[PDB]
*Asks:* 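Okay, here's the structure I mentioned, the one with zandelisib.
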Amino acid sequence: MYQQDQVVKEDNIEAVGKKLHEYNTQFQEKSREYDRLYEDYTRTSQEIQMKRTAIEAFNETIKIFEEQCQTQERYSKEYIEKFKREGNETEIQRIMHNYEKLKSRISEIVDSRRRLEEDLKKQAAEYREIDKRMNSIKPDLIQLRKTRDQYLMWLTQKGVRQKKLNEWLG
Amino acid sequence: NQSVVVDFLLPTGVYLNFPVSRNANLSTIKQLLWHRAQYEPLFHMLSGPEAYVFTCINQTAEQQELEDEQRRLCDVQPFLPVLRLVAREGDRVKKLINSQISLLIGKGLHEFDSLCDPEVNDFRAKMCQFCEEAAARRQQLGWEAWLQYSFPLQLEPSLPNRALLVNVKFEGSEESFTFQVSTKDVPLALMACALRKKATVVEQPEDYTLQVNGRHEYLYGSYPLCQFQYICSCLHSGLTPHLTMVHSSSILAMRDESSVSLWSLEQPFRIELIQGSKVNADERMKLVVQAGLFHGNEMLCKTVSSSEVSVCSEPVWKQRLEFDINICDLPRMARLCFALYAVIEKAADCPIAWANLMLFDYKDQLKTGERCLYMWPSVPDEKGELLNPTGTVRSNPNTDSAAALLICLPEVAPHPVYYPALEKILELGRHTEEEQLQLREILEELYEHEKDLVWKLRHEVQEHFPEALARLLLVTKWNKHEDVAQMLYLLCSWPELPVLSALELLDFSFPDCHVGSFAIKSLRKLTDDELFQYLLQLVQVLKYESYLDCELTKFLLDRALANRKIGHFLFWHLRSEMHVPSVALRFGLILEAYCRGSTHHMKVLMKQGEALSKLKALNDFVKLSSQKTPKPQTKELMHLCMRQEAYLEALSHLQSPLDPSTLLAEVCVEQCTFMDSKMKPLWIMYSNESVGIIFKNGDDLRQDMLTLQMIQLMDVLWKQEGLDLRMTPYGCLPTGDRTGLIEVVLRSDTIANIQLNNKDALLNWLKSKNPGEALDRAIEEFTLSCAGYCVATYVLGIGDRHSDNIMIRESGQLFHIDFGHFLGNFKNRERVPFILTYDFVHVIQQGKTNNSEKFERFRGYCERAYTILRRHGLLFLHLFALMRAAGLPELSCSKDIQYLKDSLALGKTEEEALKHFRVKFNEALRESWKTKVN
Ligand SMILES: CN1CCC(c2ccccc2CC(C)(C)Nc2nc(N3CCOCC3)nc(-n3c(C(F)F)nc4ccccc43)n2)CC1
């Protein structure tokens, strides 16, 4: 009348205990592998947020540099005109050359920001592959845990002492 | 690599670029910039150097006005070496605190603004308002009230009538008056004594106060001198106290430095599942979404599932999931939960991720419209319940790469709907002999017939079993708004329960806002001393909260603003978890609010965080160099890195984070070393007017803090019963990501190091450390400390006790270090038996083979300690239940709680528990001999 779904190598106690050891070994191995991957997940998440706030810091730096450009274009106007009607074109050259140096510096920071943007893009795909590997590991890990517990229950019903169980779980 | 090329932006638009030293301060850099700017155009238009202030982009990606021009450039740590000259204008004080806050709490304040969340902005506005209010009121209070706030009394729990001398000194005078006082003198009485001594070798006593030399610890109040921590320690240690006379005037210098009712909406609840995003799963499987309503951990209807869709990055369902509950029956704290999983086609189920969402917002409004829930990855556990209702309702901050669900709450009314106000709840909630027997039988999980009876006589529970409120809260059917209305009606009239019962009510099983408010209302009786005992658990249950503005955050900020020491440890409890994305938002907001009300302590915390940063870099240097070069030659490489001006100044002249009253002044570089084992912890020595700390990086020290905190709690509970077991409750404090500090006990050594110089080296070391008459006293301290730590380690289930992780003080006091696991865990779970060690039993017996009298005294010490702990087992259980929010791997299920239930034998009477403890002790005695005979 009662036909429960027993999925164990229903045989001698020594054989089920042997496979209990093998399943528990595989489970602890799969758990160590998942724990390694979950560590990489946490580190990659920390590094990605670090790169994302550093991108904002680049943004704030370029913003300040563009404010400096605008301030120069306004402040220069009055003087640049006077120096011309005064023969101080050498100093106009000085102001213009200094402002050109500011331009080239902006291009350098723009280049470094784009480099970090590419690093973040690479690490973003890294994060997605670490999460995919974890998601392809979990089904096994849970199945290995359920199988180990099932063999443990079968042995407990048959009357196996706790000492022999501990021997197989070492 | 001493120089760094810096860009300079002048207010006239001129750009300058030259190298400066990484170690020069901003004042020197400004003088250098002004020496170079005079040879650049438009210099004749700038004002003097002191009219401008440097501005940079700091590590938190925020603009910061570099006001302290004594800061070195390496300490400023700009993103890029870019300094901009701007005007000295604005509030300046507000800009200063705003910038220092972002650097102190490890998160930029702009990240809150960028969220564009009204709940966040409303929290900051309200919380920072109240905190600034309390800070302003504190600045008006008298000097005695401020001396209270900044340094609360450190008192013993608590006495004979002894009399001993004391060295009382005055400020700025090497001359000091030594005189005798009684151990029961109020500090005002000793105060007037040193006064009449000063005027005869004409101020008033009540204008002064007493300070411990070399520490920020003060003696005052209406307490006897013996009850003070420093004095009571001075008697047992034998040292004569050293106090300082401080005028009030010196303390002031420190102080100055639209109505569509919800219950008429009988339609069932439903949501529109639309689309997923950024899903990474096996291409051969199918994706399903599970959804269910929850109040705490209880289901409110069936778990309505979706259909299978092929695995892809952006799966689309566009299905409506209808739930078996009406809108008018959804509780206020109704928590709806998703869990996306991958299933093999019907033709090893895998939980992919999960996400929870409140059905009502923080403004009591039923949420309607489009919602995007960024999920958290599912971690496999023991109870593979796909739905994870105990998770936080906060969203995953990693928004650019994490998975999410697009769901839609449907409109239900023309005008928006709210949860009814309290008055509309009490209007609904307003409406024998044999049964009293089963009520007493039941309250002394429930069962169905028992649940309905307790709910039947709910008024009898309130009128005769008030401490059983938690049971009545669990039998209430929250999926029926009529049952809810009647329960909250009784709750709004429940009598005040003791702190013990309120501690249980703070658990996640009781999520109703009204319940938490009732609990907090009972926790307001707590003294600052007692509140500090549960501070760690109180912080952990903040992760259980659903909204930002809550009663518990209100209460914790209240006490932190009233007690500087409580605020200090609240800060570090929150700061040490800012790397955890689940709580970074909530904690950061609390931390910002706290800083605005504690501008004074902000300076202390800033100095501590900088020293902690230098220690991390120092430990990193040692870790990288200890594997290539032997330990002897790595020590001086450490030393060379420490005597740098930036390093030496940052690690010196600070308040210890383990104890803000302990002053860490001068670093003894020579006495600094490290441990060439795992983690390579640092050993930092100091010398003030001599303290040590241990900087451990690599391991989460939270479990070690909880362990030492629980041992310290047993010590206080024992001293409350007149049982002093001569403990050594040293402190452990996590400060950051796998980073913490450990208090160092001086004059102590391991069991092993003493036993390596037949095995009487223990007794011989005690003889050489306590000569002649002092031996007997030392043996007594050993006996008491051995009993208390034996009982403590057995109760907490801390095995793996061997010569390496037990230490002895030169006074004979024993204590433990390096608690790797507790609750019976080892390299696997199993009850750790009671352990007696023959090497120790040799010492209580004073070297004799058989000293019955001394041994029965030691057994009475053990049994009295275990007995007292059994009397407070519910306290330990409640504290551990709340501690399950911390996520400690060895404290996650009810089996860990059951370990404390069995170790303390709470299911048995006191007689039966003591008899079983007797048997366990006896078998431990028999096992101690067989331990070393082999
Ligand atoms: C010749 N030198 C002398 C200096 C020694 C030295 C160096 C660095 C760090 C530490 C030492 C000390 C030593 C013996 C290795 N032991 C030690 N001492 C404590 N103390 C805390 C109480 O006061 C007493 C000192 N604490 C721990 N400890 C650690 C450890 F990882 F750091 N993790 C812990 C977790 C919880 C509780 C304690 C913990 N372990 C190395 C040789």
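Here is the naming used below: chain letters follow the sequence lines, and residue numbers restart at 1 for every chain. Header lists the method as X-ray crystallography, 2.5 Å. Order of listing sets the numbers, starting from 1, for every ligand and every atom in it.
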*Asks:* Which macromolecule in this structure makes the most heavy-atom contacts with zandelisib (ligand 1), going by the name UniProt uses?
*Replies:* Phosphatidylinositol 4,5-bisphosphate 3-kinase catalytic subunit delta isoform
*Asks:* Taking 4.0 Å as the heavy-atom contact limit, which other chains touch zandelisib (ligand 1)?
*Replies:*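 Heavy-atom contacts come from B.
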*Asks:* Atom 32 (F) of zandelisib (ligand 1): which of B/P681, B/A752, B/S748 has the nearest heavy atom?
*Replies:* B/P681
*Asks:* If we set the cut-off at 4.0 Å for heavy atoms, which region of B/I694 has an atom near zandelisib (ligand 1): side chain, backbone, both, or neither?
*Replies:* side chain
*Asks:* Using UniProt domain boundaries, which domain of chain B contains most residues that touch zandelisib (ligand 1)?
*Replies:* PI3K/PI4K catalytic
*Asks:* Would you check the N or O atoms of B/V745, main chain and side chain alike, for any that come under 3.5 Å of an N or O of zandelisib (ligand 1)?
*Replies:*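 There is such a contact, yes.
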*Asks:* For B/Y730, counting its heavy atoms only, list the atoms of zandelisib (ligand 1) lying under 4.0 Å from any of them.
*Replies:* 37 (C), 38 (C)
*Asks:* Need the zandelisib (ligand 1) atom indices (1-based, order shown) with element for anything under 4.0 Å from a heavy-atom of B/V744.
*Replies:*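 Going through zandelisib (ligand 1) atom by atom, the ones under 4.0 Å from B/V744 are 23 (O).
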*Asks:* Any heavy atom of B/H816 sitting closer than 4.0 Å to zandelisib (ligand 1)?
*Replies:* no
*Asks:* Atoms of zandelisib (ligand 1) less than 4.0 Å from B/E743 heavy atoms?
*Replies:*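 Matching atoms, with element in brackets: 21 (C), 22 (C), 23 (O).
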*Asks:* Counting heavy atoms only, name the option from B/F819, B/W683, B/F695, B/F674 that's nearest to atom 6 (C) of zandelisib (ligand 1).
*Replies:*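 Minimum heavy-atom distance to atom 6 (C) of zandelisib (ligand 1) goes to B/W683.
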*Asks:* Considering distance alone, does some N or O of B/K696 sit under 3.5 Å from an N or O of zandelisib (ligand 1)?
*Replies:* yes
*Asks:* Can you walk me through which residues contact zandelisib (ligand 1) using 4.0 Å for heavy atoms?
*Replies:*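 The heavy-atom cut-off picks out B/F674, B/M675, B/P681, B/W683, B/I694, B/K696, B/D704, B/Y730, B/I742, B/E743, B/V744, B/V745, B/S748, B/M807, B/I817, B/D818.
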